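This entry carries danusertib.
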Amino acid sequence: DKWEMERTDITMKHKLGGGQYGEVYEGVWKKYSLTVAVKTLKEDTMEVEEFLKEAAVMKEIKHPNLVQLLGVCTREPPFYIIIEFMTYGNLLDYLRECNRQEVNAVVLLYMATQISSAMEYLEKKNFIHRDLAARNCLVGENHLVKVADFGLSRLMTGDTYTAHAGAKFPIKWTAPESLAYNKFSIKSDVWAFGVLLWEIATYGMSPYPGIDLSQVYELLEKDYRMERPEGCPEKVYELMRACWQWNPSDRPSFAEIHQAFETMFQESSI
Ligand SMILES: CO[C@@H](C(=O)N1Cc2[nH]nc(NC(=O)c3ccc(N4CCN(C)CC4)cc3)c2C1)c1ccccc1
Ligand SMILES: [Mg+2]
């Protein structure tokens, strides 16, 4: 299989942290002199399946704004997934820590255009991500941003995907249909994308500030939504709101979303 490679090609450099099933390393693909990220699996989990699912999905997608699979080591432990190295780490900490004169209003629009471009691509190929959030996007030089963490991504056969009994999702990014019935779709990615914009507009605040996790769903039912963040352009808030429409099919498509950010990003560039 074309993605498989020899464990011995890679040397570990440093632990990176941030892992779910195992440590995530900064390593070096020696023959190419290339720094890479290496996601490893703790031999002692039965989460082998999910770990391998992430890898399977990354073989099937490719886009400038989706973190890129480089190869795998999966003929025996410890399992490795090898991925392009993004030097600045997660988008959430990147927003909290940045210099806002640099990461300014035009950069915010640039970040959203990047993500929506990726998500438009996924939409087109009938994929869903299911974990879109600042914490799962990755940052490179000059505010390059890529969607990452594809463990939960799926190719749908229809327009809907239903998670299995017992699955739990992060309350404040998850569409109501998904919280209530475990139904996911391109449109539930659109909801999370909306929450992701709010994260960008606030430079990484936690959403629904001070609101008890237990009461968020019920609030959504009664049409409570987050208010416009300070400094957030009116058109951007309209889109955020469109993303949070109760009915999935009232939410804009990512092509429409990308189109609107593309426009706004260009006008701001004069
Ligand atoms: C859990 O999987 C990883 C994953 O797949 N990955 C694939 C992939 N590619 N590049 C990565 N970079 C880092 O992990 C990283 C972390 C901290 C880092 N610094 C810390 C703070 N400083 C400001 C700069 C140096 C610099 C780079 C990752 C993680 C993941 C982690 C976070 C978000 C999305 C995915
Ligand atoms: Mg994650």
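Along the sequence shown, residues carry numbers from 1. In what follows, every heavy atom counts, from backbone to side chain, and hydrogens, waters and symmetry copies are set aside. Just so you know, ligand 1 is whichever comes first in the structure, and atom 1 is the first atom listed for that ligand.
To find every copy of danusertib, look at ligand 1. The main partner of danusertib in this structure, judged by heavy-atom pairs under 4.5 Å and named as in the PDB entry, is proto-oncogene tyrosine-protein kinase ABL1.
Lab note: binding site of danusertib, heavy atoms under 4.0 Å, is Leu16, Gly18, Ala37, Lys39, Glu84, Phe85, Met86, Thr87, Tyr88, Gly89, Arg135, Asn136, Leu138, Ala148. For atom 33 (C) of danusertib, the nearest protein heavy atom lies closer than 4.0 Å.
When hydrogens are left out, the protein atom nearest atom 14 (O) of danusertib is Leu16 CD1, 3.4 Å; that is the closest non-hydrogen contact.
Of the protein's non-hydrogen atoms, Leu138 CD1, 4.5 Å is the one closest to atom 31 (C) of danusertib. Looking at the UniProt ATP-binding residues of chain A, I find a heavy atom under 4.0 Å from danusertib for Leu16, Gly18, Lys39, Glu84, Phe85, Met86, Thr87, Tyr88, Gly89. Protein heavy atoms are absent from the 4.0 Å sphere centred on atom 20 (C) of danusertib. In terms of protein heavy atoms, atom 17 (C) of danusertib is closest to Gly89 CA, 4.0 Å. Residue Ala148 has no N or O atom closer than 3.5 Å to an N or O atom of danusertib.
Scanning all protein heavy atoms for the shortest distance to atom 12 (N) of danusertib gives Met86 O, 3.3 Å.
The entry's source annotation for chain A reads Homo sapiens. Not one N or O of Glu54 is nearer than 3.5 Å to an N or O of danusertib, by distance alone. Nearest protein heavy-atom neighbour of atom 3 (C) of danusertib: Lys39 CE, 4.0 Å. Heavy atoms only, to 1 Å: the UniProt active-site residue in chain A nearest to danusertib comes out as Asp131, 8 Å. Most of the interface of chain A with danusertib sits in UniProt domain Protein kinase.
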